[PDB]
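A deposited model with 1-deoxygalactonojirimycin.
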Amino acid sequence: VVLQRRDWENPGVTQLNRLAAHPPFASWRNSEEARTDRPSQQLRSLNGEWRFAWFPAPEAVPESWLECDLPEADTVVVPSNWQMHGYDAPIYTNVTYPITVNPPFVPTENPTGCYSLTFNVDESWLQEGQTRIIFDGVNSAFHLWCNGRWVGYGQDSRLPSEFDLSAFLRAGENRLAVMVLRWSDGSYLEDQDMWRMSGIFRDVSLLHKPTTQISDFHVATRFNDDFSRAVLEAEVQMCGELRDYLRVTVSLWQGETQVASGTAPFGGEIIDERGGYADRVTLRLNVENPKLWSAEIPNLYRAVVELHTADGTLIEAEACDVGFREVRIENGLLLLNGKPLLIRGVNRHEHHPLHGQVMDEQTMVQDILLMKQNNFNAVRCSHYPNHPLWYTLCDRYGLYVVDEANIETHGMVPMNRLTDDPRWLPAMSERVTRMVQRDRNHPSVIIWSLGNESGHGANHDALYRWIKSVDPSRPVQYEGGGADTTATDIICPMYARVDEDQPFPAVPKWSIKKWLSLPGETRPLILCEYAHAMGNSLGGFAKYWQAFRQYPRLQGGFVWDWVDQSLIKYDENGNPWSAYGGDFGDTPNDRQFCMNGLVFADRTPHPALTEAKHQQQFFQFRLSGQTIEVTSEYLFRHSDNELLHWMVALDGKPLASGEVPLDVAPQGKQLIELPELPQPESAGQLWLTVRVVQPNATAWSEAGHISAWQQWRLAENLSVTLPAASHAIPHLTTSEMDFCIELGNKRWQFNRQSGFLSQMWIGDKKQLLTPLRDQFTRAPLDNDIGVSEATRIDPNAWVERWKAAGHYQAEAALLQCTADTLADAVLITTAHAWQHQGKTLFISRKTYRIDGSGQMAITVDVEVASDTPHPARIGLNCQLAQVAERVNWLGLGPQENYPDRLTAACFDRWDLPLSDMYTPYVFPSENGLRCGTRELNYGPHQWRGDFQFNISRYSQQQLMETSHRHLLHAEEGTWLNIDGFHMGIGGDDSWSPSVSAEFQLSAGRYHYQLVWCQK
Amino acid sequence: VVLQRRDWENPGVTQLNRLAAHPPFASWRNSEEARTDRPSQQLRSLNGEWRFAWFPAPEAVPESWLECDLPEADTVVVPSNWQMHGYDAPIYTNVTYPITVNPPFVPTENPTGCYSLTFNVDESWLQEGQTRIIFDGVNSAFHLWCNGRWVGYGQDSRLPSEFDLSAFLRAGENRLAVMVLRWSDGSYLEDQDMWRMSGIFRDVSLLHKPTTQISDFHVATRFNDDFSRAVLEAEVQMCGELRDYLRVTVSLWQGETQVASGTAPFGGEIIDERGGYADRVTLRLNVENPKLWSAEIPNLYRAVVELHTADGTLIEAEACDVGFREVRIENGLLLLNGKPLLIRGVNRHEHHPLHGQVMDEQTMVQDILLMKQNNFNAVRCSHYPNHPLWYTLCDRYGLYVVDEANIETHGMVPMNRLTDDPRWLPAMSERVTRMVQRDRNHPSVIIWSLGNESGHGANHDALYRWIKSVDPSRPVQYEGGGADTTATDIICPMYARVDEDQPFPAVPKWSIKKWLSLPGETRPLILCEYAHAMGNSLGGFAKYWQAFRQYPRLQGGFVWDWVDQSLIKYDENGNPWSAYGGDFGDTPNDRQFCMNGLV
Ligand SMILES: OC[C@H]1NC[C@H](O)[C@@H](O)[C@H]1O
Ligand SMILES: OC[C@H]1NC[C@H](O)[C@@H](O)[C@H]1O
Ligand SMILES: [Mg+2]
Ligand SMILES: [Mg+2]
């Protein structure tokens, strides 16, 4: 009968015998237990060891399995995904569906997981009341049997399914059987860009309720004009037999103090011509001076709802956390508690590198702490409802949540083929209505979303209107169909740029400043995705934050995204390594496109995370003379856990220091006057640095946490002292093959055929393994490669333009190599031309001046053909012979920084182990650059100038040829790249050229100089 | 397997294997035939004599009935209601449901009608193409078998159900079996004040289409400021295999004269980031000085849609009647073709004293003539979609139509118990979406209605918005929940008085002059029911007509109602007499309250 109906290939059947959706219940039988949130005896977990067998299709499952255990089944932990235990491969695909597109049919080869559990039920559970089983998430569809008898069917992987088991359970031993299908007609609605996995991946519980029970309750808060008086409105519904003696009490607690209370019999007000709801009641509770909930100060109350008799015998209690806050759109602005929000948001997927899509408390808490420590206030549930514990932790720690329906049909052509079709309106409505019914009581949820990337169809407008009518208290947003349709209260583009338009047919992406002012437009604009964090990325991030602060109706956005979705594999020696699409034999697949996070899958930060922290800070600073103005960007809190540290330094050396407490009202200013600063004798630039420190621990941070910082140049004294005249003169030797210069124990050799410095000796120890040569290329970054789908190549991507022009293959030809003795120096002059099939790309003219002090001054002038694509860099590289433990530099740091991502970095003297100067991105690329550098020390060498550098054990050629970080091997010696100039990295998106014109090397002529000496 | 699933007690299953809804098709294989509206060889009627047996429940039907005819079955005419042949009693109840209210369950004693037909299919129908069966209305739910094999299931009594029979038919003799249930979970949505009857009560047809076919088409008309230039916009969709040589032509005819024409290959404009519809095409035809449709002068054109090859071989044609008119609400007034309407309307049920709820051409024509001879210009389909011929006759003779979804839950307490519940949103959406997809091309339909007497729930606001988005060309109205909710473009009270207020709790009936001017109110007001014509009645009628003429935003209303719903019984001498509720042993019942007509 079950394989006869094939309910998984039928969009009109989304469930059989499933109970209504409701807020989370524990059925306490004691009000004190409910108030203090203690564990309930009536709610029993079935997590643990279950039996499991895998089958290639549902027709291959033996009939005996319903009756009793299969001999060849294994013991496995629930919750889990079965791909993580090795039964079949996880599939990573972005847009293309992982099955043939033939809606609503799915392949006959439909992998099937059979789970089963034997468990004991207590005798008191069968005498009276209702027993239900709850599956918090099953992917993608399943049938359930209890003691051999069929119970029901469910679809939608991301919301709980509940079934009544009262008529199926017996005293003693019981057996559940659950058959889970990988594919169903629900799969057409679940095309998110993520690993496709399956199984029972969220918790399983039994819940015991009495026959007369609370079946639903809703909480709402209404305010006066100044938020000094609130009304809590609770609506309660019951199921079972109505009696005259039944009563409902709602009490409101703040800690241990009862703050409000109300009691009533059942019976709503008249609703229409036929009467009202006999089985419902509304309580109104007045609260004076309520403490308001926000992400800055997450004040919660506890509401307890009791069903009891008139004589006062308790039947059951339920409870939730309540926050008083009002969200609304007024005159084009999104307001919380009367103030305009600025969203510092990120998109987050539920992902764990060992457990796949199984989430636990420990990982959720780790994410929330790291988010708040980096100045995030908001999270977008991309793109499905989360584990129910997630919303509780966002209520307690304080994050705003955007809660999103599990609907994405990206792989359809056109994108709205299903969402414009009335036969799929039933399936889509279950995904939205059940999410709102589960989550409507959480204060942290402030916006509902209709899904992601499904075009714009009439089913979207209908569901938009359904939510506005059942829940008027939250705005609704939807990005599909060009980001400003009639199904959204907020304009919510993805990857729109700050200043540049992208005029695509039908769905243009205006620049964000222009979009606000299109004729007729009045809504606020919040980007649902911006700043694609794929690999070495977030260039141009500061330009979004400058716009968000200047324009009132630009209210921020959600970065894409929090955590890299990589998985762990083991090699032959059992060493773990990070894997991406294609590494499991999954095909077709979309390769590294699954790794887009600010943090690695193990929750270690990428260098871009510090850039986000700095642009999102809650204190802004200005300097005028000796005065710092501090401006608070808090909306609700006074700065009561904040002190300002300032320091004045001269080229790294500290000169003066101090601290000042911060006493600044929300949205206010404070002026801090600095002491008379010292006048130093010596040459150099003075630097002032301020940092805001939190002296006391919070729920989310340690004592000493740095929350904000800023650096300025003060007075500069230029150096007018001429170098001391030495008595030694460098000696020049000319052979046919070489110029050699000697001075003491030091020796330099220049090859007369190649025209480069080929060797240096200190004593009799060689210093180079490779000559010092010009470099114009970089191992390309993900933003340079410019691919979102592995099958589709963009000929406008930087890496395509550089390969076509021959930048990676260009050969140096020598034009000139000459040597001359001056009075106190030897001068070497060289010129080279880089050519590819007749065309000259670059010319480089160089002088080397070696004086009596030992210092070698290098001067470089480069010309770049105006019709070649602009180069990625202009500098020198070589392979040094020695490996040292430390790197010491005077310049921006201490983390990796690039010309379009250097606002977070500070000028100072930095000292790190060599291994910290390499960023281990899983897909290897150019990495580890430090800009604005004046001095670099490594072993005996010192370089001085005004340059960017990177230093490591991997060549640019090795990083370009290697697809995975675990396959890189350290080379002999150390590779040094020293650049006079370096292109930006981009990252407005990663599938089209995104470097802004002010970060391209387009000048045509370039000059820089270095001194190389031995300290 | 069929009595194991019990699909009739489950609001989440409204159909199995039913094809998509679409405007009426005849599949002509010749453009001239399509233009002149001649009978199609590809559309075959199965009306006539069928076999029929009655059973007290679905579990009492013998298994043999699927294979072959029962000996104790009778010969009966289809279409019919089985209560009119004496198999059980018709029930007249106004508000109270005729079953125990226990949604979604129905009684186990669920009278069951088993119909069957033996018929011949021509050999050319099985070689190529698709063959479908169409039931225009079955009350209330049914399973269908062909040659012993289960085909599908449908609910909603008032809209067509279609099933593909290509894989089930054989050459020579075929047998259909249809098992019809009186009660289903669909009955909770069908609580209209009328006789409760059952059976196959509208036509049954076979339709033959080619494998590559026109699957849907829509017609829309846009105008300049003075109605001197129009654009006819036709959207056409196909099913089957896309080829480069396929083309669509739309021509527009006024009598014998071709007036406009356009041709194109398949391929819509870009819609979004993934492209456009490869299997759709939009033609735009310009028309100068079009003759405008109205109820006073019902000027029609004929649109012919041909699917053909580039060399000009015709694959199939479809056609409809087109009227050029614009309906809109502007500054609080309902305008047709730029002028403010005054609705002289009546509510009409499909009722015949001998045949029950079976409608025929002759009775429809008799009603329309009497309506127009008595100065009516408008009719409200109370409270369900009509027989498809009704809309064609209102196009040709000139009446405005309000077309209403088959949803009424009057007997619930409170009235919005189902329509405020998201688990019934699937069932309700099928009733609205399939009606709009069937009727959107008729010029006579000028307003959509969401149903009748179902309170006001969130399912109403969602469906209101669904229609405004798929069909912006007609206003939407809904009376429930106090007549002026967010689910209506028109204030549409029932039985509000001219000068006197009726201040009921939650749902007051203001007098109509006062309602127009409540702070914030800007919509026009048209009474969806007024002046109850029960017996010796219509006193005070002149006072409504005086108000309608004096106030611009009072634009008329629909009288309740056209025809008395009485039935014929026979005495001992065989003399016919008119019967009302209770005269068939039906109990409980609401007595003479079923007779409310002007005729
Ligand atoms: O990584 C690209 C990014 N683009 C937009 C989508 O919403 C995300 O799921 C993701 O696919
Ligand atoms: O005859 C009373 C009348 N009242 C209003 C209803 O809509 C009609 O169906 C009818 O019941
Ligand atoms: Mg996508
Ligand atoms: Mg009624």
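All chains are named by letter (A, B, ...) in the order of the sequence lines, taking the proteins before the strands, and each is independently numbered beginning at 1. Values below: all heavy atoms of this structure, side chains included; hydrogens, waters and symmetry mates excluded. Partial entry; contacts are within-part only. Read the numbers this way: they start at 1 and go in the same order the structure lists the ligands and their atoms.
Here, the model contains 1-deoxygalactonojirimycin as ligands 1 and 2. Of all chains here, the one making more contacts with 1-deoxygalactonojirimycin (ligand 1) than any other appears in UniProt as Beta-galactosidase. Other chains having non-hydrogen atoms less than 4.0 Å from 1-deoxygalactonojirimycin (ligand 1): A. Nearest to 1-deoxygalactonojirimycin (ligand 1) among the UniProt active-site residues of chain A, at a heavy-atom distance rounded to 1 Å, is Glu529(A), 3 Å.
Restricting to residues UniProt lists as binding Na(+) in chain A, the heavy-atom distances under 4.0 Å from 1-deoxygalactonojirimycin (ligand 1) involve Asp193(A), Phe593(A), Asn596(A). Among the Mg(2+)-binding residues UniProt records for chain A, the set within 4.0 Å of 1-deoxygalactonojirimycin (ligand 1) by heavy-atom distance is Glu453(A).
Of the options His383(A), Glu529(A), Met595(A), the smallest heavy-atom separation from atom 5 (C) of 1-deoxygalactonojirimycin (ligand 1) is shown by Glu529(A). Listed by atom number, the atoms of 1-deoxygalactonojirimycin (ligand 1) under 4.0 Å from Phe593(A) heavy atoms are 1 (O), 2 (C).
Contacts between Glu453(A) and 1-deoxygalactonojirimycin (ligand 1), counted as non-hydrogen atom pairs separated by less than 4.0 Å, involve the side chain only.
In summary, the atoms of 1-deoxygalactonojirimycin (ligand 1) found under 4.0 Å from a heavy atom of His532(A), numbered by their order in the structure, are 1 (O), 2 (C). By the 3.5 Å distance cut-off applied to N or O atoms, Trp991(A) is not counted among the residues near 1-deoxygalactonojirimycin (ligand 1). Listed by number with element, the atoms of 1-deoxygalactonojirimycin (ligand 1) under 4.0 Å from a non-hydrogen atom of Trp560(A) are 1 (O), 8 (C), 9 (O), 10 (C). Only the side chain of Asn452(A) comes within contact range of 1-deoxygalactonojirimycin (ligand 1), with a heavy atom under 4.0 Å; no backbone atom does.
If you check which protein heavy atom lies closest to atom 3 (C) of 1-deoxygalactonojirimycin (ligand 1), you get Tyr495(A) OH, 3.6 Å.
Heavy atoms within 4.0 Å of 1-deoxygalactonojirimycin (ligand 1) belong to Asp193(A), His383(A), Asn452(A), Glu453(A), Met494(A), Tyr495(A), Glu529(A), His532(A), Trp560(A), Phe593(A), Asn596(A).
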